[PDB]
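A look at one PDB structure holding solanezumab.
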Amino acid sequence: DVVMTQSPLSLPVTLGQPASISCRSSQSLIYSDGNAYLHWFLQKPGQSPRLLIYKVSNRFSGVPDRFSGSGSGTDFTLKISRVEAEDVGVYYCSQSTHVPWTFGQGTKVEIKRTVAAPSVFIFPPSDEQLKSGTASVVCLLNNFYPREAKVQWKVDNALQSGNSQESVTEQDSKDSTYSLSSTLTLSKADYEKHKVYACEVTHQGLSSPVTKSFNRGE
Amino acid sequence: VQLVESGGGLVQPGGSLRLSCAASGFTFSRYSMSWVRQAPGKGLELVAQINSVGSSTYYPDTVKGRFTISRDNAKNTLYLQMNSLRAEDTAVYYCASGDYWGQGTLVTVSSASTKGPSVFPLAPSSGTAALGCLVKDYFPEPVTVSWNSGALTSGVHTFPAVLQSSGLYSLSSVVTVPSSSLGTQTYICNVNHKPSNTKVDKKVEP
Amino acid sequence: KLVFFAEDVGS
């Protein structure tokens with residue numbers, strides 16, 4: 001089976017700078033008609049993969065001039081002239097010379113941008129949710145860079161573990177920032193037994209950790 | 001050129017599904033076709049590959065003997081008969097002519113029932129103001145969340161669904177608005193859960 | 001529309 005080797009698997013790159021994605025083929029891709037059936041695809045989040053380059057160097061309809069493809073035999077490369085904010089997604093190399101049609105592991109392209117401190121917000125559970133016997137305490141970390149950020153839940157200064165789940169949005173196509181949400185899940189009885197509810201935030205963009213808290217009861 | 005998939009959805013483990021694709025704009029009979037899958041946060045994995053007429057067929061050893069790719073060159077349609085479904089078959093299934101990829105139909109293999117979510121407001125407190133909604137305890141994916149019937153798109157962040165230990169999904173959708181705007185402007189999010197036929201519009205007020 | 005797969009070149 002024709003195995004496509006991609007490098008790097010993660011591609012952080014500054015705006016307007018060029019990028020190169022490597023692809024090795026386990027064997028020859030030259031077909032009897034003279035064309036080597038090696039393509040490049042781009043898949044942005046929540047959408048279907050789109051063909052960029054088709055036969056080693058040809059670009060597809062609507063695909064910009066900044067994308068370019070090179071290589072012969074086993075070694076291949078996909079080069080970008082200038083990295084735009086809209087280029088964030090997973091790039092795939094593919095072979096259609098032999099059956100089956102195979103793919104590479106995929107290269108995630110990231111925008112390397114200026115450090116941005118997150119906007120921290122704490123939301124107390126709704127009164128309606130407390131009726132059903134459950135309380136959800138949400139923490140919002142808005143528009144930050146890099147993606148790496150630590151969230152700690154504190155209930156009357158006692159550190160929480162195993163009772164919170166976090167969710168991170170994909171890199172933005174306009175400002176290239178990240179957004180994080182952590183949700184602390186407690187039963188009504190466990191929730192009503194405590195006063196102080198806080199979320200401690202540690203990020204590179206913050207000189208000191210940011211703590212946002214509320215008291216249950218107002 | 002278009003590729004519209006159907007027949008996808010929630011299915012019981014060990015069950016069967018049959019995916020259909022309506023291929024348009026390019027002389028379907030002339031080319032090979034395929035079915036490529038993608039599990040949550042994973043790469044591209046080919047499921048089945050058929051030739052122009054339908055005399056050659058390939059399936060990898062993950063689906064071989066359980067899946068069947070077929071085509072009607074007169075109706076301009078592609079089929080995939082999936083049988084003996086396993087939780088490892090849970091993925092988004094695309095129909096691809098290579099150069100073109102359809103929207104993809106989501107297949108879920110689970111014994112868990114269809115459940116509609118609970119929509120809770122994330123009320124604003126104390127010139128940027130943050131508010132939102134918590135979309136909790138639903139199965140299966142997806143849900144869709146819009147603000148003020150699509151009018152409010154600026155500064156909206158809808159978070160990926162996280163599976164809870166209870167086996168149900170949950171997510172939050174947030175929006176940043178000026179504090180000035182609050183007193184005047186009414187904030188309502190439109191939550192849609194097509195799998196369970198649930199529609200909820202929640203007013204988020206301070 | 002292109003002859004994406006090499007098996008379709010002979011068609």
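By convention in this document, chain letters (A, B, ...) are assigned in the order of the sequence lines, proteins followed by strands, and residues within each chain are numbered from 1. If you check the header, you will see the structure was determined by X-ray crystallography, 2.4 Å.
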In what form does the model contain solanezumab: which ligands or which chains?
chains A and B
Counting heavy-atom pairs under 4.5 Å, which macromolecule has the most such pairs with solanezumab, as named in UniProt?
Amyloid-beta protein 40
Report the epitope of solanezumab on chain C by residue number, heavy-atom cut-off 4.5 Å.
C:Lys1, C:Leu2, C:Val3, C:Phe4, C:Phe5, C:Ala6, C:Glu7, C:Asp8, C:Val9, C:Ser11
Paratope, solanezumab vs chain C, heavy atoms < 4.5 Å:
A:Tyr31, A:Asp33, A:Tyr37, A:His39, A:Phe41, A:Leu51, A:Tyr54, A:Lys55, A:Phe60, A:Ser94, A:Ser96, A:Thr97, A:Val99, A:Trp101, B:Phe26, B:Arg30, B:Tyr31, B:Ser32, B:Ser34, B:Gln49, B:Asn51, B:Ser52, B:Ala96, B:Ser97, B:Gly98, B:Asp99, B:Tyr100
